[PDB]
> 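Here it is: the structure, laid out below.
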Amino acid sequence: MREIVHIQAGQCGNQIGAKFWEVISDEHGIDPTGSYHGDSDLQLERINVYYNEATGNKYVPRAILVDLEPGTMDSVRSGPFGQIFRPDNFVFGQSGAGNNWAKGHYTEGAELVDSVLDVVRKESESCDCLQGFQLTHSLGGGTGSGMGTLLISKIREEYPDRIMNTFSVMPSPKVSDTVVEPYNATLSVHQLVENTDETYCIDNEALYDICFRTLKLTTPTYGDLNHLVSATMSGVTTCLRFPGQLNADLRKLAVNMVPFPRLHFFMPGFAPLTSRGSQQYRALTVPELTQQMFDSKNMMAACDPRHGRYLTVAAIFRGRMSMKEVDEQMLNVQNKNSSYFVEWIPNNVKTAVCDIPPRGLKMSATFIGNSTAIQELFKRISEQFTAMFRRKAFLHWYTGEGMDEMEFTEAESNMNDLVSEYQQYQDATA
Amino acid sequence: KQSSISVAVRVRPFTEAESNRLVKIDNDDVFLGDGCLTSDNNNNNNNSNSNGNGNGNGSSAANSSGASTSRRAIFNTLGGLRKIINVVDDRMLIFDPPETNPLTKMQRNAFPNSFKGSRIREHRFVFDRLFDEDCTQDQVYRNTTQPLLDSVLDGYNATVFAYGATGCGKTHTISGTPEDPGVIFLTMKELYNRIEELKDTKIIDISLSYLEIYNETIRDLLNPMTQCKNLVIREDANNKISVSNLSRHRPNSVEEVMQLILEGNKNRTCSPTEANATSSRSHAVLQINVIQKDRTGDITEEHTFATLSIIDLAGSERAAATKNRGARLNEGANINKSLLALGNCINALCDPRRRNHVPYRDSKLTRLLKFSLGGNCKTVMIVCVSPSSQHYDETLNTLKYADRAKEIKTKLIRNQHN
Amino acid sequence: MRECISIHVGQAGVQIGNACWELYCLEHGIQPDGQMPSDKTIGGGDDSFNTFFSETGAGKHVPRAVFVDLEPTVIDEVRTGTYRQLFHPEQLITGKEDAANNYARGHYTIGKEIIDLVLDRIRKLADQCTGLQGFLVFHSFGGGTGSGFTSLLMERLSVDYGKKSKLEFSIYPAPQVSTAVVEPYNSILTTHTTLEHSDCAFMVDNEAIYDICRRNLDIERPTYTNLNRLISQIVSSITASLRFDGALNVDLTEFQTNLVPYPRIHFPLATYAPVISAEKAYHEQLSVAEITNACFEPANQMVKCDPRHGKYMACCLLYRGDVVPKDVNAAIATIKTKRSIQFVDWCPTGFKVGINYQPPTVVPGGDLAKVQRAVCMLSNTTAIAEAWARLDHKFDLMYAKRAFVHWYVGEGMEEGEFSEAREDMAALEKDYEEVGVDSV
Ligand SMILES: CC[C@H](C)[C@@H]([C@@H](CC(=O)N1CCC[C@H]1[C@H](OC)[C@@H](C)C(=O)N[C@@H](Cc1ccccc1)c1nccs1)OC)N(C)C(=O)[C@@H](NC(=O)[C@H](C(C)C)N(C)C)C(C)C
Ligand SMILES: Nc1nc2c(ncn2[C@@H]2O[C@H](COP(=O)(O)OP(=O)(O)OP(=O)(O)O)[C@@H](O)[C@H]2O)c(=O)[nH]1
Ligand SMILES: Nc1ncnc2c1ncn2[C@@H]1O[C@H](COP(=O)(O)OP(=O)(O)NP(=O)(O)O)[C@@H](O)[C@H]1O
Ligand SMILES: Nc1nc2c(ncn2[C@@H]2O[C@H](COP(=O)(O)OP(=O)(O)O)[C@@H](O)[C@H]2O)c(=O)[nH]1
Ligand SMILES: [Mg+2]
């Protein structure tokens, strides 16, 4: 009975939430109107990790919608699932806040962050424990990257004895072409290197490349780029809400995959690949699945793992399957690979198994593999931040709101240091 | 033009409460017991009660450590000088003194029982300068910072930081007391006197700055009411660490600056419960910026800048005592994380292979010390380590760190121009 | 008389404790619903088997133990298990967080929140023991609450109750079933805290248990139930020398005198060789001359080591079931002729022996055959030091880069603890190395 409160900010965060919450309600056998209907009694074992009891056997979600522009509220209030959230779950203003980061961070955020913090306090007053809050935002437009970062920087002070979870959707030039995006990402990223110790580096470049190259869709809609992120994060958070031997509370996730407080950037993956609808694929053998996981084609970060190395590759398997199937080839994969696992860590790989499978697909798997090849992400952003800052164009949109010019060089130096730190462990053997 | 960080150690004088325990036990053993022993005729070895009634008139009240040498009765602990520091001269010291008790003498060539304890620990530590228990403030000043301040007015920068665990007198060593001065007071008085001596040939001006790193935040003790949320560290594009919204007051008279320093030091949080009311529960950085202006009005204008940094570091508090955990434990744990960052930075820097990274971007203190370690300034350490056997592993860890950081390289070229 | 007290700290401790309490409750004819047939006549008193259990007004024999675990999940499972009425409703329910795979968290931060109630309940149990003998604690090196709450509770109870004999049953970790990578740090720190306050500690290697359950028993991927049962068998074998008072019943305490030369060198091994699968045990019955010779084979140990190359300090054989003294002397004389067995050069004192007349039992629905001629060993050696060296090797690979240290440091612990514990274990290894030197 270790509770979590899910605060979601920004339009993209709101839609990822409206998809993921429906996925969870489907797996645990709760449909809209809040009632229980499933095909096993393992579902009610750890329902309180995410959901919450209410009167009349109603299992209302426990989450807050942060959205300034009121369009998303009307989108979700009559969406697929968003018809059960309590009336006071929503917090909103009467403005859009635009792509100007400082507009949401400094002048507009101060008006409504008080209400958001008050509602978070109210939610924390009803339970008896709190593992650590979870966030779903993106390093993109102003509203999300401002309000989410402000909520992190405040609630970290208000509850310092917790581990912070943030789901970051790193934006690429392909999925959107607003040229103030590298500035916003490069500045918002180092406001999370300090205040949160557990973040997932979901990439848009890799998502688009996979949805264009493997899946033959040629007009990738945002209703089909969400159907990879939602599934991946459900696979990530399968452990918490079902009983299991492996990590059953964030602190465990951190302690198993945070070698240092600064290097907490992962690259989640996915063994099968599914489009929306009722489409299905052939049955998967476990050796084929484990071989397919390692290769770069399924990675949701643009970096190539073959270039660098790994640190912790904690993995999860779904559905019904004999346990001894998984431990045979895995160790061999650990052996044939000469040097693509770091040595000075002992016992890198770890594995678990769960019973209830995903919706429709009866065999799948996930893994939260931390890596030292992730630098190619940030080493790319520096090439889309140094070019604009050498001529220092577009500053007057941010400088004319309250922020100085020192902070941008602070962010650039921070990213360079993080890249160098990740690079140093590449050849720092035992 | 190469330089080298130098080191200097201070040993606390025994406090009264444990001084009594020292006097009760250690004296007889050193003089006419373990120190010299006696012929094959000594009718009593060590159970004699002529040491201030250390034993009852009968059987021993408690189990002895060995051969009735110590642990004569039930108390909180023996707390003798069985493992202490030895200050034999002013260029070398030995820790874990050999042949301190006869039990060690029988523990040689005999069965390898408690063997290899002190034999493996036969390590001689060769520092630059050492101090005794009996020195006063002027004695430490006369060789810790006088060449350093001779350097600072010429143009070079300089830095000194405290060290060591709790109870070793870092605040008294540096920040002084309301009666006994520190090191900053003497430096300020000498700076004023050198200003007067060098007046009418070169004008000099000084600026003061003072900050603390409580709870890994930032605060300025010269000016409260500035919320820590406003204060942050930032950085220019040329490796500068100028904090925002520093007060940066300027003095004009000795009384003004000392009164302001006292008023600022009043605000630091401290533990009020135990007799150690001097317990500094936060780091502190004082900076004195000195700027010269020549008066010849002709060629050879040596317009030069310089700065001097004094740092007080809150000690590392282990689980020994420190009740009402959570509160005291959190205030201790943040300091522990900062000290871990400092130690990791030192260990990374001293090597010849990991130098390409030298991680400074860490907890706040390791960032504010960026210029201090590997920049341009000269540095001299002042590490306070207690000698009592009660604080043994504290002494060993602190002194091991002191042996570390003795091999640092920092090119210095002054701030001269024109 | 000699009422011991059993403590189980951590999930592994609670699992092994539930298995062992099931086994003991079944062996002595005590029903899971409390009552038993013999007390219909005896009623109660100070018999041999009343040492663990107790009496009450209704005769419900309440077990002498308190279950300690910061996670309320397993405590609820035991409360919701099959033994609802046996344990009195005073299990230490923890409605708060847990160590969560961190020794520092369990020791300092959250451990002090409940230690007062733990001491209160242990005192309530102890005060009913007129002749309290000692404490048998169950913990794990690599765990969370197991690593630290035990290391605190032992000190608190030792200071409170003076010098009483304390026994700890350890589960040294293995990489096949490791739930973490910080297990070495917890192991070294809790051994540093534990070495100077534990009379004797028993190493139940999980790798050895798993390997033996794979080879002897034919199960390919044994879940934790099989390991729990097989370890509970060893615990019952060692503990069965207290509940009975038959002839030749050398007491459990009297072994300690012959096992621990000095108070730091008290890590002995433990072997067991009646294990045979349920469906394959027929068509053969074992003899003592073969059983006692089987226990010396390296394949049936419970800490991976090679005593053949090293040296033997002492030995102690404990038999069970039905063995006549005429055979054991011949068996000992036979095995003494083996050249590979070599004793230390200052103690040829030979193999102390003990016999208990009671047949071993297994739970219904288990997997082990009901072999009557069960034998157990307890023999120190210099080969066990190799195990510690393995852990030290890990510490050399995960401390040059300072990995994971901040998690422990941020709970309220200095950095100096780790080097101190490492030097302590290095001293242990060197002490084990030096005892094997010749007497010349
Ligand atoms: C590859 C880049 C983007 C994928 C692309 C998508 C965006 C999109 O699909 N979007 C942007 C909001 C709307 C969404 C879809 O538009 C088609 C809409 C119908 C929808 O369904 N929106 C829903 C998703 C949904 C689906 C089903 C049910 C419920 C909801 C959302 N609600 C909230 C957030 S998204 O447009 C095809 N974008 C940004 C573009 O700007 C266009 N491409 C370009 O500009 C290219 C670059 C960017 C390649 N240029 C270089 C020339 C595009 C018109 C060809
Ligand atoms: N031999 C054996 N070992 C076990 C068993 N259950 C758990 N373990 C060991 O316990 C370790 C996991 O940590 P635990 O000792 O259980 O710690 P905990 O009791 O769960 O307490 P927390 O770590 O705070 O949750 C694993 O490395 C296992 O080796 C068991 O049934 N048999
Ligand atoms: N060299 C010294 N001469 C005289 N008194 C000393 C000396 N060193 C320490 N003391 C005394 O020892 C006590 C402890 O000093 P204190 O200032 O608390 O050390 P500290 O390390 O600065 N405090 P803390 O922040 O907890 O580490 C005070 O009463 C000092 O006066
Ligand atoms: N992967 C993914 N990214 C998205 C989606 N919607 C928006 N984004 C990203 O988020 C950014 C838009 O920020 P947004 O939250 O809309 O700002 P707001 O309009 O002020 O609330 C864009 O740059 C996109 O890269 C989505 O559905 N999926
Ligand atoms: Mg546990």
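Numbers restart at 1 for each chain; the letters A, B, ... are given by sequence-line order, proteins then strands. Ligands are counted one by one from 1 in listed order, and the atoms in each one are counted from 1 as well. The deposited model was determined using electron microscopy, 3.9 Å. Atom set for the values below is all heavy atoms of this structure, side chains included, hydrogens, waters and symmetry mates excluded.
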> Trying to figure out the drug at ligand 1 - which of BMS-986142, dolastatin 10, SAR125844 would it be?
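The one found there is dolastatin 10.
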> Which chain contacts dolastatin 10 (ligand 1) the most here, in the terms used by the PDB entry?
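Its main partner is Tubulin beta-2B chain.
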> Which other chains sit close to dolastatin 10 (ligand 1), with any heavy atom less than 4.0 Å away?
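Heavy atoms that close belong to A.
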